[PDB]
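Order of the sequence lines fixes the chain letters, A, B, ..., with proteins taken first and strands second; residue numbering starts at 1 for each chain. Side chains included, hydrogens not; waters and symmetry mates left out as well; all remaining heavy atoms used. Ligands are counted one by one from 1 in listed order, and the atoms in each one are counted from 1 as well.
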Amino acid sequence: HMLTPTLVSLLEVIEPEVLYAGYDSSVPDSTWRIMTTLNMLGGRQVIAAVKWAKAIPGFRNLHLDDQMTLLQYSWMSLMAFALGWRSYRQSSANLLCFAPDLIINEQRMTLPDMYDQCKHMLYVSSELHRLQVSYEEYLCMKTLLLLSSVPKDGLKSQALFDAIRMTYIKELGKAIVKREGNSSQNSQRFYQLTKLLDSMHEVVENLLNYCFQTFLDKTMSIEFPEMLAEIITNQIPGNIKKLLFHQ
Amino acid sequence: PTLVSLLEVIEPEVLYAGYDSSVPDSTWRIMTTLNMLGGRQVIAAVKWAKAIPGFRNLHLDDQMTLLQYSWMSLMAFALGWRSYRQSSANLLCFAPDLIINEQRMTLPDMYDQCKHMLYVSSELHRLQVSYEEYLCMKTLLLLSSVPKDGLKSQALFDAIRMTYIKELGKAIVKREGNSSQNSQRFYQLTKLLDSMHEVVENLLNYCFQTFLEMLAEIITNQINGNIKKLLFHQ
Amino acid sequence: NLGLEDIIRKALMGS
Ligand SMILES: CC#C[C@]1(O)CC[C@H]2[C@@H]3CCC4=CC(=O)CCC4=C3[C@@H](c3ccc(N(C)C)cc3)C[C@@]21C
Ligand SMILES: CC#C[C@]1(O)CC[C@H]2[C@@H]3CCC4=CC(=O)CCC4=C3[C@@H](c3ccc(N(C)C)cc3)C[C@@]21C
């Protein structure tokens, strides 16, 4: 059965391959720090989005594989939408408020490392600024976004989901009525607000398309982008059916 | 409460990035990249340990215990050797893609630790150690420290260590030379091995001044009383 | 050490 001569020959054998640090000369120190810091913050925000989703009335009664699925389809949409909002409220003019301690100005987002992406994240920020969305409006909207993408083969709790979704759509109406009145029916603000939601599909699809067109750019990458590659695991349909308020 | 009251209650507090402009991008990268690499090395060091002839047969706990006391010794020694083989023992070569040169090393942020890391390197170089010899020495490092309060399978452990001490004896001889030169060389490399306890204590001291959570988990679980340190020479 | 869908799964239950 097999064999090798000396004990050193064996210590030689089990000696492990060399590990790389994943350190590329080309990426500047500042680009690495910012993109590293976001990635780990992103990770933490996903954890928090799930915890949150698990607190959401209705949704939390949906079968767990539905919670999973919905979470998997919508986490980017959610997070991007909250970044829009954080930014909208920490602004006046055109920042991305990734965090309180990590706010990126307009000049930073100009650079080639930032530009393609921040176009799409600002788009959400500036639209919230355009429609002067209230917190109540946003809270309802953000929930609607969780329930915005469904698999074509059905959820396991479809009737619950449907009525859940309706409720939160009615809750959005109540949000607009809190801000407007109800001497009106608020049909245009409902069209405008829903339409922003509809567009988050695009801001997400553009963000994911960026991640694929940047993942491919890493030929030979000594520092392999599993962060930008894992983002392609949990997002890659096709089952995903986008629910649109306006076709 | 209203649906929107709940929705508002359950909104998560906004997370921080943990970003800090008092830290230069220079240091952050280097030390972040170091910490991740070190993380992966520890893991690899555990998997290696498991495959080491004899060690495997020790009690499950002893293996965890021996590893607690040695991982840094192993990791520094390896790093000394990689540095010796990549740069003639004067750059520190944490990984192939991550070489911190003499100029960077001299800065205050990195100086204290790197002195001790370079020592390991410079000294293998000086002793012109070989791979067969290196690989023996490193397995002896894994058996450099024991519980003063004994391992569970101690006579097994002694036999195991005694076997690798011999294999280092064979490794020395494989280069050939006088019977005086081989006694000089045994002394020398065994002195080296012994001097890893102090490079370890120093490299670990600097790390207890990380603290006054990745390396944090191991660092609270460390803080040299019960751990006896097997010396070749006195 | 943990895929995205692994993080989501872990969060849905217990990290
Ligand atoms: C600048 C930039 C950039 C990007 O590469 C594209 C979209 C960013 C995403 C938006 C949505 C978003 C909102 C944030 O508040 C910080 C994080 C964040 C990101 C970043 C991110 C990176 C990795 C993950 N994982 C692994 C779960 C999550 C978020 C970085 C992203 C993807
Ligand atoms: C420069 C420098 C430095 C240090 O902070 C002190 C000693 C370094 C250690 C030596 C031993 C060592 C050998 C290497 O090849 C890379 C890593 C390494 C380190 C670094 C390290 C960082 C984190 C861990 N964890 C979380 C287990 C392990 C090792 C960095 C260390 C600790």
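The drug observed at ligand 2 carries the PDB name mifepristone. Tallying contacts with mifepristone (ligand 2), the largest count belongs to the chain named in UniProt as Glucocorticoid receptor. Lab note - other chains with heavy atoms under 4.0 Å from mifepristone (ligand 2): B. Applying a cut-off of 4.0 Å to heavy atoms, one finds the binding site of mifepristone (ligand 2) to be B:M31, B:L34, B:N35, B:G38, B:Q41, B:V42, B:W71, B:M72, B:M75, B:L79, B:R82, B:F94, B:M110, B:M117, B:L203, B:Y206, B:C207, B:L215.
The contact region for mifepristone (ligand 2) on chain B lies mostly in UniProt domain NR LBD.
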